[PDB]
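Chains are lettered A, B, ... in the order of the sequence lines. Residue numbering for chain A follows the PDB entry; the residues present correspond to positions 1-99, in that order. Shown for chain B, in order and in the PDB entry numbering: 1-99. Just so you know, ligand 1 is whichever comes first in the structure, and atom 1 is the first atom listed for that ligand. Values below: every heavy atom of this structure, side chains too, minus hydrogens, waters and symmetry copies.
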Number of protein chains: 2
Amino acid sequence: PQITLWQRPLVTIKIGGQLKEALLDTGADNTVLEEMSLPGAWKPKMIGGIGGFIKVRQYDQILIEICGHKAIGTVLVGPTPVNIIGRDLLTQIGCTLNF
Amino acid sequence: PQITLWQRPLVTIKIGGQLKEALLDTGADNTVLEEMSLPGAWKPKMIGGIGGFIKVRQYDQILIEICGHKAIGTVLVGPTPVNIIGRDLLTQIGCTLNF
Ligand SMILES: Cc1c(O)cccc1C(=O)N[C@@H](CSc1ccccc1)[C@H](O)CN1C[C@H]2CCCC[C@H]2C[C@H]1C(=O)NC(C)(C)C
């Protein structure tokens, strides 16, 4: 699967039994999801982007299906306006930039 | 040129006669550079990411060299902590996500 970038690279993901749309984001170090509940313990965390910072809950060893590829990683949950798939998970699905 | 994502995808750019490092960012709609001066008119603009918004100056029809590929696009200039190459320019150099 090749994905061109003329439109936002939004893919379907499955996480915590739920189906969501998320943006494949090579500029994000971490994967950040809009508010939802997940299993295990979590830790308070802060992540900065353009403009400022948000408070997030960090969950470890979470199973995620990304465009029908399975990966297990750390997911952050918090007041992001878009679900973000960052490099931590992009590497796990063998995602590369090519030109 | 393929670029894997184990590290931040930082490339060399040349813009306004200057050499800079920038992040190939499929999660950004627009290209945003740290403070610098550029030719022609500019228009005030506000852009949001995670955490909040920043005020930027928008410059049109700017020549940029990205990984040694020439592109002419709109460049935003403002208080970003990282130079960001967004989809507007990524499409111009024929950049795709592959897995
Ligand atoms: C630069 C830009 C535009 O021109 C237009 C729309 C969005 C953005 C934008 O900032 N996008 C971001 C995703 S967060 C996001 C928010 C809203 C919509 C889509 C993505 C970047 O791809 C990632 N972005 C790149 C970079 C931006 C400058 C600050 C340091 C990083 C922070 C990082 C980021 O925010 N990462 C999180 C882990 C906090 C998610």
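- The drug or drug candidate found at ligand 1 is nelfinavir.
- The chain forming the most contacts with nelfinavir in this entry appears in the PDB entry as protease retropepsin.
- Those other chains that come under 4.0 Å from nelfinavir, heavy atoms only, are A, B.
- The binding site of nelfinavir (heavy atoms under 4.0 Å) is made of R8(A), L23(A), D25(A), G27(A), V32(A), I47(A), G48(A), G49(A), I50(A), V82(A), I84(A), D25(B), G27(B), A28(B), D29(B), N30(B), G48(B), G49(B), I50(B), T80(B), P81(B), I84(B).
- Looking from atom 1 (C) of nelfinavir to the surrounding protein, the closest heavy atom is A28(B) CB, 3.5 Å.
- Between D25(B) and nelfinavir, an N or O atom pair is found at a separation short of 3.5 Å.
- Applying the 4.0 Å criterion to heavy atoms of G48(A) picks out, from nelfinavir, the atoms 32 (C), 39 (C).
- The contact set between nelfinavir and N30(B), taken as ligand atoms under 4.0 Å from a residue heavy atom, comprises 3 (C), 4 (O), 5 (C).
- Ligand-side atoms of nelfinavir in range of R8(A): 18 (C), 19 (C), range being under 4.0 angstrom from any heavy atom.
- Contact atoms of nelfinavir toward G49(A): 29 (C), 32 (C), 35 (O) (distance under 4.0 Å to a heavy atom of the residue).
- Residue-ligand proximity, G27(A) to nelfinavir, at heavy-atom distances under 4.0 Å covers atoms 23 (C), 24 (N), 25 (C), 33 (C).
- Those atoms of nelfinavir with a heavy atom of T80(B) less than 4.0 angstrom away are 28 (C).
- For atom 38 (C) of nelfinavir, the closest non-hydrogen atom on the protein side is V32(A) CG2, 3.8 Å.
- Looking at atom 28 (C) of nelfinavir, its nearest protein heavy atom turns out to be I50(A) CG1, 3.4 Å.
- Every atom of nelfinavir is numbered from 1 in the order shown, and the set under 4.0 Å from a heavy atom of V82(A) is 17 (C), 18 (C), 19 (C).
- Ranking protein heavy atoms by distance to atom 30 (C) of nelfinavir, first place goes to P81(B) CG, 4.0 Å.
- In terms of protein heavy atoms, atom 26 (C) of nelfinavir is closest to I84(B) CD1, 3.7 Å.
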